[PDB]
There are 2 protein chains.
Amino acid sequence: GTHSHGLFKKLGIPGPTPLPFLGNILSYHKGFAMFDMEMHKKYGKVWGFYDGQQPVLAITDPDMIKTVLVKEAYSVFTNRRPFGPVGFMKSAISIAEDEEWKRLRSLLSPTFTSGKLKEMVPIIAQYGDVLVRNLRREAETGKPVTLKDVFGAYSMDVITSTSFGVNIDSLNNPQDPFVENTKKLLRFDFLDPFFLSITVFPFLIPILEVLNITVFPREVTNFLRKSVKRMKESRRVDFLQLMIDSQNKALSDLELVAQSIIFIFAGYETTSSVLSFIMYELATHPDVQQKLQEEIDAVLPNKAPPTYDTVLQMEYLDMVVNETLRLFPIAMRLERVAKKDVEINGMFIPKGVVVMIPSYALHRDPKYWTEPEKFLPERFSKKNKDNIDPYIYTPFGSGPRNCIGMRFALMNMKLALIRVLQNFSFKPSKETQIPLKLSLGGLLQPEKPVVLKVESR
Amino acid sequence: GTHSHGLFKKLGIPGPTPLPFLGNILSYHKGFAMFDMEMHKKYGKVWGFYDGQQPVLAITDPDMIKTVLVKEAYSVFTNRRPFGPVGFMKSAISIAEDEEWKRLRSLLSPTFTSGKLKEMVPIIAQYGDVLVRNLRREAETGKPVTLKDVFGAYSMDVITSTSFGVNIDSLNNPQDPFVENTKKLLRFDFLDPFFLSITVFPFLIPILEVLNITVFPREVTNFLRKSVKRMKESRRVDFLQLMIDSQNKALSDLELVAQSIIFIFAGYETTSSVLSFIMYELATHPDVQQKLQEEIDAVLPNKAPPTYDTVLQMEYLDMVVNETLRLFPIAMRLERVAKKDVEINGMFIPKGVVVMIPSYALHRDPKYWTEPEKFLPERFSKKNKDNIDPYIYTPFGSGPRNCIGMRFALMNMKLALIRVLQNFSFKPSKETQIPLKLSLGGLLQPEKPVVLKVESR
Ligand SMILES: CC(C)c1nc(CN(C)C(=O)N[C@H](C(=O)N[C@@H](Cc2ccccc2)C[C@H](O)[C@H](Cc2ccccc2)NC(=O)OCc2cncs2)C(C)C)cs1
Ligand SMILES: CC(C)c1nc(CN(C)C(=O)N[C@H](C(=O)N[C@@H](Cc2ccccc2)C[C@H](O)[C@H](Cc2ccccc2)NC(=O)OCc2cncs2)C(C)C)cs1
Ligand code: HEM
Ligand code: HEM
């Protein structure tokens, strides 16, 4: 029906007029980001819309954003927008709620410290070499390289190793039952058929749950499920034991598996998308690539192996990474649910409303960014960075619920970039789409995969 | 989703563009009839639209109409558009399908013959008087009469008596458990919340069925359910025994009850709506009322009691009744489902499509009717009637599935009119809405009830 559809009318908040049942979902025909930018330009700092019957309050005010993601996090905006059905995956940290979440966050918080992460480099760099060897091969038969595939396999390599102790050159081995299963853990597309229907029929979620149907394909999960059985363990620098030790408030077995699936995915798919986009930028801006190559050679003599401290010394590398994250956040939106009524920065918001920060739109707003469409690493130099509002630029979220893997992701990505840029230069191929276009779907991804010419140095 | 929504595109049939999930239902915001007239004027003789995902093919071609309602009735278009949930009411003749239907149609066919119907007049006329006595009272305190209430109670009186043997002046007795229950059997409004949702979620019907939820309120049905227990019977001119005799292919007990509910309703609600609309027309056209009064006095001397044959002799009465039915059909649409694929008059129609004849629109079409908006009984005189296409004018449907009660309805209505017009004249009250407006909802009914000044003669 239409019971919820008078809400934003009642509070006097502007927004697209909802259709019965569908709310505003039809506006998603060209993707979240384009919907969010259209609505932002058309309504200013705040607006409201309905996913089916679910009210969503978009906010773009930096101070209101700090309020939701930080100040009122524990007391009001503790959880993300429920999404389901998920079976045992209800226990994964990113999905968990309230006290089950804070528990898992504490339990897993020590996994991603500079110390551990420091010990993860001699591992994460051994697969630096394999990627380079792989790349050099595919650059001797000098034909276009699909970044998502080569980075994909590196990305898988790194997490399987740092989290489970499993070494596999996944690129050559697309047939290892471990490689194939994990690959199938891809990001969910919220504008796909199944998810549109489940937004317009949330009253069906509990029906799917009962039938043990899940958004996480069962074949994928069940493998990884007991896959840790003889793996955890033979009865050191591994996410696994780092979690096993936390068992003997302590972590249950089926919860532990749910954490591993969550991570496997992250260190795999997020990482490889971002890496692809950086190389795309580097390839379409040779001067930036050359300046980056010079920072790398200067900090690391004759192809010297990167270390924890050398990585962190590279300023221009940091600016490149950040500037690619500005233009291509993997999140697009950040979201919390109000467990109770709230008044924030003068705005009343009833219990159950989804408050949504549209990062993609904010990352491209003319008010906060000069020439926001352009790839300009200099935006993040020492001179200009203090300019940037930490609640406008949020590629890893903010507050107690931000990305737990942030430091690992940044590190792992830069290690990859260094090893690759030390040995190669990248250039547009004939088939490189320029300018690149993002999938009109529900994921910040290229419609056509990035392909690039790889030249040895 | 949208799987069915390419159908009419595939067959090359014009029609409003469907929205995902909703199909065209939003077009119902101003009622079926207005939707059907808009679409007819805008697409000509045939068009297609979707109720949620259900395809509906509207047809206005007289010959194509004879094809659906008559020629291909038994072989293709045997059933009406399924509608549910209905519990045991699946067994009622108007809802029954295929062979269960033809069975019930044969079994109940002899109930409505000129002979039986002839024996039903000394009964149907005894309540002629009560209505007159009631009317005279409410015309001595000369204040406006709400037709739907006075006719309503007469309408109930007549069927309770002719079908069950229950005499009750229902108007004075709105407290008899028999009166109140039956009253609650009102026509279903297809554009009401519950029915809109169930058109956009037909996959929920079987869920409602399982929970014993029905469109026929349970309290209403259960009373009438066993209400016939000590009634059928004490172990003559009554629909009841007429059905009991057919038991001892023969009619089951719970089926019999389902038939009685179906009838009770019909002889009650259809009858009283039509009677109200005729009086409205008579009141807004005094000359027609006076001519009608003169036919009646001429055929029936000094307030002489109407008989079966006298009723049928009154030509101008027939034209009035028919002309009111033209302007205000109770059906609005007629519908059949294609059980199988079919090609009709050169048009292919796949299995499962609802073929819909929009009577309200057809009854008002400038191609078939001069000044179609105007109440002109003369349209149906001996001179002009043979003009009228029997597949354009269909107030009682056509073919093997037409109104089984037609002759009883026509008779019962005319008996009422004669007894009323012999004694009174009707006139607009101050509050009479003129011109009348039909509920923008899902039923041909007045938004504001007809109220009229009743003057004794
Ligand atoms: C009500 C129902 C119809 C709904 N379902 C959904 C699910 N869909 C499609 C989403 O895109 N949901 C989004 C989401 O992914 N939230 C997520 C946190 C997040 C948000 C943005 C960017 C990065 C991480 C929270 C979810 O638990 C996801 C689900 C998941 C798990 C494994 C593999 C794939 C996917 N888990 C993760 O965080 O993935 C690991 C990652 C870690 N860091 C970056 S990605 C929300 C921001 C809306 C939304 S609404
Ligand atoms: C799929 C689902 C969502 C749907 N449900 C519906 C139900 N609704 C609201 C309707 O208006 N359905 C219509 C209908 O009433 N069909 C009907 C035949 C008919 C059609 C038009 C005019 C007169 C009789 C067939 C149904 O069985 C009705 C239902 C009913 C029973 C008792 C009391 C009230 C209502 N039974 C009757 O015929 O009522 C007794 C009458 C006899 N003569 C005139 S009315 C159809 C023409 C569409 C349509 S689609
Ligand atoms: C470039 C790569 C990555 C980006 C851009 C990224 C970004 C994000 C963002 C935006 C969020 C949501 C923050 C919020 O709601 O405020 C998030 C959550 C999360 N990320 Fe990542 N992430 C990346 C890689 C990783 C990796 C490698 C891991 C490894 C485990 C990881 C684990 C998580 C977890 C567990 C959460 C949810 C934490 C919680 O709810 O408490 N992420 N990430
Ligand atoms: C003025 C009053 C009435 C009108 C205008 C009317 C009109 C109609 C119409 C249009 C139909 C559908 C026909 C079709 O699909 O082709 C119908 C069906 C029916 N009517 Fe009536 N009707 C009236 C009164 C009655 C009465 C008093 C009864 C008494 C029992 C009755 C019993 C039925 C039945 C049983 C059906 C369905 C028959 C079947 O499916 O086989 N109707 N009517």
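The lettering of chains (A, B, ...) simply tracks the order of the sequence lines. Heads up, chain A uses the PDB entry numbers, so what you see runs 26-260, 268-280, 288-496. In chain B, numbers come from the PDB entry; the residues present are 26-260, 268-280, 288-496, in order. Method reported for this entry: X-ray crystallography, 2.2 Å. Whatever order the structure lists ligands and atoms in, that order sets their numbers, starting from 1. What's counted below: heavy atoms across the whole structure, side chains too, no hydrogens, waters or symmetry copies.
Located at ligand 1, the drug is listed as ritonavir. Here, the main chain in contact with ritonavir (ligand 1) is recorded in UniProt as Cytochrome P450 3A4.
Going by heavy atoms, the other chains that come closer than 4.0 Å to ritonavir (ligand 1) are A. Looking at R106(A) against ritonavir (ligand 1), only its side chain comes within 4.0 Å, counting heavy atoms. Contact annotation for atom 10 (C) of ritonavir (ligand 1): protein absent (non-hydrogen atoms, distance under 4.0 Å). Taking each of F219(A), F241(A), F220(A), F215(A) in turn, the one with a heavy atom nearest to atom 50 (S) of ritonavir (ligand 1) proves to be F215(A).
If you check each of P368(A), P227(A), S119(A) against atom 26 (C) of ritonavir (ligand 1), the one with the closest non-hydrogen atom is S119(A). Checking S222(A), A305(A), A117(A) against atom 43 (N) of ritonavir (ligand 1), the nearest heavy atom belongs to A305(A). Of the listed options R212(A), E374(A), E308(A), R212(A) places a heavy atom closest to atom 17 (C) of ritonavir (ligand 1). Binding site of ritonavir (ligand 1) at 4.0 Å, heavy atoms: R105(A), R106(A), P107(A), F108(A), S119(A), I120(A), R212(A), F213(A), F215(A), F220(A), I223(A), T224(A), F241(A), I301(A), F304(A), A305(A), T309(A), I369(A), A370(A), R372(A), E374(A).
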